[PDB]
Q: 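Consider the following structure, which includes 4-hydroxytamoxifen.
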Amino acid sequence: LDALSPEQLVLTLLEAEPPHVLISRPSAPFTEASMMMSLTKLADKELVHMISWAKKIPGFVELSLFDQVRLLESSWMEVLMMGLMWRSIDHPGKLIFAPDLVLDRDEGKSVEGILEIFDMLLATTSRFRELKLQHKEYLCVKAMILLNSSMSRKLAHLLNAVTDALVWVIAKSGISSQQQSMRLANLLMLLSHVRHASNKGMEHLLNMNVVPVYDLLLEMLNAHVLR
Amino acid sequence: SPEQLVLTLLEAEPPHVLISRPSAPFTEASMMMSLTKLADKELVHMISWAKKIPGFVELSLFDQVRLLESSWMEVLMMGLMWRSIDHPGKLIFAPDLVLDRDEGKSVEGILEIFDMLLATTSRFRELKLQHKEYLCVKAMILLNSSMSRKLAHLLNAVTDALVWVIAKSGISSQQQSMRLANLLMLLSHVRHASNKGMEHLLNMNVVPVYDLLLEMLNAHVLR
Ligand SMILES: CC/C(=C(\c1ccc(O)cc1)c1ccc(OCCN(C)C)cc1)c1ccccc1
Ligand SMILES: CC/C(=C(\c1ccc(O)cc1)c1ccc(OCCN(C)C)cc1)c1ccccc1
Ligand SMILES: CC/C(=C(\c1ccc(O)cc1)c1ccc(OCCN(C)C)cc1)c1ccccc1
Ligand SMILES: CC/C(=C(\c1ccc(O)cc1)c1ccc(OCCN(C)C)cc1)c1ccccc1
């Protein structure tokens, strides 16, 4: 119960942060291939990392394996983009994928189409920047993205605890009540923009085949044999 | 003010659009023909609705268009979820056009889209979403679809109005905070459904103007 209390949860997420991933640009001037290559290599590394991070969130380990895989599968692009926005929050106009990989808007034009994605990331980052998004609020929101990715007893509980944690953090700020409700709303409403950039990103990534298993999974869940 | 805004959103509600099913057993075509007929009629009314929203008509004609342009599919799906809320397992497109999850199989693909809607509606049903709450959430979907002075002002006012609505409930503060988070967290699912629907709708050619639109804004000549 307590390991899931505002200060406890905040503490655990504070130290669950994945390790920073390093990567440096290539020799020649960026092309569409080299560009994506770097970002893919980079995205894959952080993903292996995103697993051990999820495992450290109070109780994630007790959710069925199917649900673990489900949430991570449904929310991984949003989690990446939020990690990316967060670390690019104090450097307006630039996306800090990694220390030696600090690309500004224009360089994205190396990979046809990513431009609109870069602007979405850049514009959402700005919103968090005006809000003066704090590291503690950030940690709660990232985890919330993980648990709010799809839609039980445990799941919802785990999610509401992360929610209670964020109210708590915003609460130790001193601002009145009406401004605590406002910040909560503003912060959460940016979740639509994150999800949206994720969908846009997925679509673009996909552009650059398996057997449909949607019905079968329902059948399986319905029969109750899924994991 | 909160009470004012609510009252104004209430009476700003679009009329209910009446449409009926066709003769023969729904075909992928006929099915999508009925939904498209319905949506366009609703979209027509949507403009009028957005115009009644306090302050909207003051935003440059460009922002108005941009907002409606980017949020219309969510607004629609939000309206659909609201009227299907008391009909589990069903999507109430109109009084005469109600479809079960299974009938959606008339149009190849929309099934996953129908499950997204029914499940979100399911979530709102479990939160016992209230009419006034719904009113605020809708305008909120319209006003938060894109990313100024008046804009944010307008958006924070509806947001104030929502907190206010949740406040006359009487639940403790911790619970009021909880409900605001749970409702707004549900926006991400609404936006997600919308993106999925757009992808599918699109599946069933113009010149890229994105870069040109930026320049035009940079040069400050856009509307
Ligand atoms: C938004 C930049 C980005 C990726 C990214 C975002 C944040 C971050 O911290 C690191 C990378 C990106 C690039 C590739 C990618 O594919 C990996 C394939 N794996 C899952 C096998 C995922 C995200 C991207 C997504 C779609 C198209 C083009 C670029
Ligand atoms: C590429 C998406 C994905 C998984 C996936 C890929 C294809 C598919 O058909 C279904 C899922 C994924 C998600 C979770 C996972 O967990 C292993 C079990 N627990 C103990 C971590 C493995 C792959 C994932 C990988 C790393 C981080 C976040 C998400
Ligand atoms: C969710 C069902 C739906 C539509 C809908 C939602 C709510 C509502 O109240 C009425 C209809 C839908 C159908 C067609 C559509 O395109 C119309 C073309 N216009 C833009 C000229 C938009 C939404 C739909 C969306 C994508 C693919 C197939 C069906
Ligand atoms: C189809 C999307 C759209 C508009 C649109 C289409 C293509 C494009 O390149 C840009 C926009 C749209 C939105 C608003 C609008 O309003 C007119 C200005 N005042 C009277 C509000 C006209 C078209 C729309 C129309 C009705 C309801 C909701 C959305």
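The lettering of chains (A, B, ...) simply tracks the order of the sequence lines. Here chain A follows the PDB entry, giving residues 260-410, 423-479, 483-501 in order. All chain B residue numbers match the PDB entry; in order, they span 264-410, 423-479, 483-501. Atoms within each ligand, like the ligands themselves, are counted from 1 in listed order. For this deposited structure, the header notes the method as X-ray crystallography, 2.2 Å. We use all heavy atoms of the structure for the numbers below, so side chains are in, but hydrogens, waters and symmetry mates are not.
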Q: Which molecule here shares more close contacts with 4-hydroxytamoxifen (ligand 2) than any other chain, as UniProt names it?
A: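 The largest contact count goes to Estrogen receptor beta.
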Q: Judged by heavy atoms, which other chains are less than 4.0 Å from 4-hydroxytamoxifen (ligand 2)?
A: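 By heavy atom, the other chains are A.
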Q: To which of A:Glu305, A:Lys314, A:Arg329, A:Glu332 does the heavy atom nearest atom 3 (C) of 4-hydroxytamoxifen (ligand 2) belong?
A: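 Shortest heavy-atom distance from atom 3 (C) of 4-hydroxytamoxifen (ligand 2): A:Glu332.
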Q: Can you find a protein heavy atom closer to atom 22 (C) of 4-hydroxytamoxifen (ligand 2) than 4.0 Å?
A: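 It does not: no protein heavy atom is found less than 4.0 Å away from atom 22 (C) of 4-hydroxytamoxifen (ligand 2).
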Q: Give the UniProt domain of chain A containing most of the residues in contact with 4-hydroxytamoxifen (ligand 2).
A: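 The answer is the UniProt domain NR LBD.
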Q: Can you tell which part of A:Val307 has a heavy atom less than 4.0 Å from 4-hydroxytamoxifen (ligand 2): side chain, backbone, both or neither?
A: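 Looking at A:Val307 and 4-hydroxytamoxifen (ligand 2), no heavy atom falls under 4.0 Å.
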Q: Kindly state if atom 11 (C) of 4-hydroxytamoxifen (ligand 2) has a protein heavy atom within a strict 4.0 Å cut-off, that is, under 4.0 Å?
A: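 So atom 11 (C) of 4-hydroxytamoxifen (ligand 2) has protein heavy-atom neighbours under 4.0 Å.
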Q: Judged on heavy-atom distance to atom 19 (N) of 4-hydroxytamoxifen (ligand 2), which of A:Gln327, A:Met309, A:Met336, A:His308 sits nearest?
A: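 Checking each option, the heavy atom nearest atom 19 (N) of 4-hydroxytamoxifen (ligand 2) is found in A:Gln327.
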Q: Please state which option from A:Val328, A:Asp326, A:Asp303 has its nearest heavy atom closest to atom 15 (C) of 4-hydroxytamoxifen (ligand 2).
A: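 Looking at heavy atoms only, the winner is A:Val328.
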Q: Can you list, by chain and number, the residues with heavy atoms within 4.0 Å of 4-hydroxytamoxifen (ligand 2)?
A: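 Within 4.0 Å (heavy atoms), the residues are A:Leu306, A:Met309, A:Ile310, A:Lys314, A:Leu324, A:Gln327, A:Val328, A:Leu331, A:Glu332, A:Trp335.
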